[PDB]
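Heading - BPN14770 complexed with 3',5'-cyclic-AMP phosphodiesterase 4D
Residue indices begin at 1 and follow the sequence shown. Remember, it's 1-based here, ligands and their atoms both numbered in the order they're listed. Side chains are part of it too, since the values below use all heavy atoms of this structure and drop only hydrogens, waters and symmetry mates.
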Amino acid sequence: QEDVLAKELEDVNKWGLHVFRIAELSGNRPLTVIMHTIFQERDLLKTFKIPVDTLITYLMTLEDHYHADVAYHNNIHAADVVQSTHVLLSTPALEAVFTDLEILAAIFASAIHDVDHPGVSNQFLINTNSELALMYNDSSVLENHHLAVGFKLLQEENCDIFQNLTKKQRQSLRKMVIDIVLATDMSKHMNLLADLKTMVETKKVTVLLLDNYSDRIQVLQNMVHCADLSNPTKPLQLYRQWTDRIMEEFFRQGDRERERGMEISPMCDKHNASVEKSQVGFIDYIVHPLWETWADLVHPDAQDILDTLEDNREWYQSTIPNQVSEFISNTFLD
Ligand SMILES: O=C(O)Cc1ccc(Cc2cc(-c3cccc(Cl)c3)nc(C(F)(F)F)c2)cc1
Ligand SMILES: [Mg+2]
Ligand SMILES: [Zn+2]
Ligand SMILES: [Zn+2]
């Protein structure tokens, strides 16, 4: 079993890693094994003096607080986002741009970015006056929760993977991670994109040049957001699994809404769905504009990704046998 898992992990630097296969092979520990592998590849254990047993212990704990019963926002998604971020960080256009701390921050942010997700949206949690929305005053509810849990777990037995950073490194890392995970709130998408556009419009090269924290963090925020929205850019056999999972999760939310006598949210009604037209819309209004801008920023490194995305769009379009627009307006605008 171990041998086969090792063969699959050889694709860790490649877009299109077989993450589901890794999940089955690892006993449903894709986050732990992927993070460990990445930490080895990038030499982050040596650089930040992270004892290996402490890493494994934190990763297993973090993984356990992802909900296996949630079809999309689970540990497999977290592993995917981590690995996608890891690839993006290695793009030629960003060679030697980020420090090791900034690299650690982006990867860690990716690992924790949806931890303890309950399988329902911010808007559902607000509309039901949930405990979470009450705790966080209706703003970036889940994202604030992912951060609090992700950090709190460092305090469990033998979990403090940052015990040998300096006080200043710990503060800087904490701040970057917060900035990154809060930018994963989907309602911030337009603002992020506008900023990313501006950065492209004024980019300097020699490889990209980034003079200040503000510019660097912005790129990391967009990078992890791209990773979060990367499913339609993946080989189609992966994409389609992600699509089935997110629709399952949406339909379960709609069943909860139905049982409570609420209006069923867009995309959440299993009795009235258009899976294929909705993906086309998702790509045209959100994913393609974002990734076309990321591709400009890193031109020409992301060309294959863009091409796959455009092929994947045609496929969903070719398999077609108000809701999309309502979902977009409610999800991706501030
Ligand atoms: O954060 C939130 O408030 C809710 C929310 C926003 C973004 C996502 C990601 C996602 C979204 C979609 C999708 C499906 C139908 C329509 C549209 Cl517009 C997008 N699809 C996929 C795909 F790629 F995995 F299939 C993934 C999941 C939840
Ligand atoms: Mg999230
Ligand atoms: Zn716990
Ligand atoms: Zn996510």
Components assigned to BPN14770: ligand 1
Majority UniProt domain at BPN14770 interface, chain A: PDEase
Element-labelled atoms of BPN14770 that are located less than 4.0 Å from some non-hydrogen atom of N231: 22 (C), 23 (F), 24 (F), 26 (C)
Active-site residue (UniProt) of chain A nearest BPN14770; heavy-atom distance: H73, 4 Å
Heteroatom proximity flag, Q279 to BPN14770, N/O under 3.5 Å: yes
Test item, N122 contacting BPN14770 (heavy atom, 4.0 angstrom): no
Any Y72 heavy atom less than 4.0 Å from BPN14770: yes
Proximal BPN14770 atoms for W242, defined as those under 4.0 Å from one of its heavy atoms: 24 (F)
Per-residue contact class, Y285 against BPN14770 - non-hydrogen pairs under 4.0 Å: neither
UniProt 3',5'-cyclic AMP-binding residues of chain A, heavy atom under 4.0 Å from BPN14770: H73, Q279, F282
Selected option - heavy-atom contact closest to atom 25 (F) of BPN14770, from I286, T243, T331, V280: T243
BPN14770 binding site (4.0 Å, heavy atoms): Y72, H73, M186, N231, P232, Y239, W242, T243, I246, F250, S278, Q279, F282, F327, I328, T331
